[PDB]
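One structure is given here, and the rest of the page talks about it.
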Amino acid sequence: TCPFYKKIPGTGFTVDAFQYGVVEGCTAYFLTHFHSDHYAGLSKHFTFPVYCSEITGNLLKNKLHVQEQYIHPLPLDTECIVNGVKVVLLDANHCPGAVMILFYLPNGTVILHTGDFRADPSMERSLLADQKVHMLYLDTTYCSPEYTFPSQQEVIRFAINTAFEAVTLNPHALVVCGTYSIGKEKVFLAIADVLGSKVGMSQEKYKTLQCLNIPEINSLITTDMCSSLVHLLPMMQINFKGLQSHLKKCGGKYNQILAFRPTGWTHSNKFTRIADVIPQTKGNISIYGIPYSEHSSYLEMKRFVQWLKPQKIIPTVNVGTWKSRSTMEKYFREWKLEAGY
Ligand SMILES: COc1ccc2cccc(CCNC(C)=O)c2c1
Ligand code: NI
């Protein structure tokens, strides 16, 4: 049954709560973004109202076959009334279509739910500016100081330069990029752009990208694998066996693979700068793990929360152990006391 941190008290609303059957008292179900841990439960048989972004709506309709009558897309940065309550959707800087939700409760309390987010200083000049917030439901994925990683811009610079160098030295090299969900599309799009290629993929992945409102997408992607020198593969295929196997299918067209496995944080970020990253290599195959994050670093999270100054914080990630909960509460207290409060 539905946990407390997914219910919005004083309303009939839940957030990312589709795996518990019919939730008692819920008149509208919000979905922050199209990642499987968050949408788990939605299908053609769902018959309650779903509120979400336009992009999330396109994915519900086309990938999950949710009926059009139950999909309620809302524009961003716009005051909307849903079942007698004012709400706003804001860009979460996570994956395409991902939002944060501001709820203005009938009693005067204001709640921000971040969904999944990568905090950025630009959020300090959204509709959040000068908005008192009484409760923050916070994506705490990386709420500990050891979690460091580079900017997305720096990671993309490394990937572009690495790919362009390799293919310029060897015009018969193939570039492969791993994927298992939406998000991190800039990795493969930026590489293909520098190489003057479309990105080749399966019919199923092509379908998914066609839902994302990316400008000029028809010019960037294709299902014709033979015409492309940047290929997308499921993430589980990005290993020496899987890549060797893939190289056979291309019909003696290529003699080297350079592959990228986008990850979240990993322990090697503690020691190695993004510039100094080296691949795993076996013969003519090389694999780069690159830390492209769509969640806040510890420092980004701390900056956002110290700016917002919420009265109370409810974590939504790492909530399962006493140690995790204790650690997170200690950091929130440090941040408050530090800020002069
Ligand atoms: C619950 O944890 C925090 C964490 C950071 C904070 C930073 C600044 C202020 C507060 C609480 C007081 N808010 C006002 C507007 O007076 C924080 C509370
Ligand atoms: Ni997510």
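When a residue number appears, it is its place in the shown sequence, counting from 1. Note that ligands are numbered from 1 as they come in the structure, with each ligand's atoms numbered from 1 the same way. The way this entry was determined, per its header, is X-ray crystallography, 1.6 Å. FYI, side chains are in, hydrogens and waters are out, and symmetry mates aren't considered; it's all heavy atoms of this structure.
Ranked by contacts, the top partner of ligand 1 (the one with most) is named in the PDB entry as DNA cross-link repair 1A protein. The drug or drug candidate found at ligand 1 is agomelatine. Taking only nitrogen or oxygen atoms, main chain and side chain alike, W335 does not reach within less than 3.5 Å of agomelatine (ligand 1). Those atoms of agomelatine (ligand 1) with a heavy atom of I313 less than 4.0 angstrom away are 1 (C), 2 (O), 3 (C), 4 (C). With distances taken over non-hydrogen atoms, the option nearest atom 15 (C) of agomelatine (ligand 1) out of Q311, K132, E334 is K132. Less than 4.0 Å from agomelatine (ligand 1) sit no other ligands or ions.
The entry attributes the origin of chain A to Homo sapiens. Less than 4.0 angstrom separates some heavy atom of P310 from each of these atoms of agomelatine (ligand 1): 1 (C), 3 (C), 10 (C), 11 (C), 17 (C), 18 (C).
Agomelatine (ligand 1) places these atoms under 4.0 Å from at least one heavy atom of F332: 4 (C). With non-hydrogen distances under 4.0 Å, the site around agomelatine (ligand 1) consists of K132, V305, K309, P310, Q311, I313, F332, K336, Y341.
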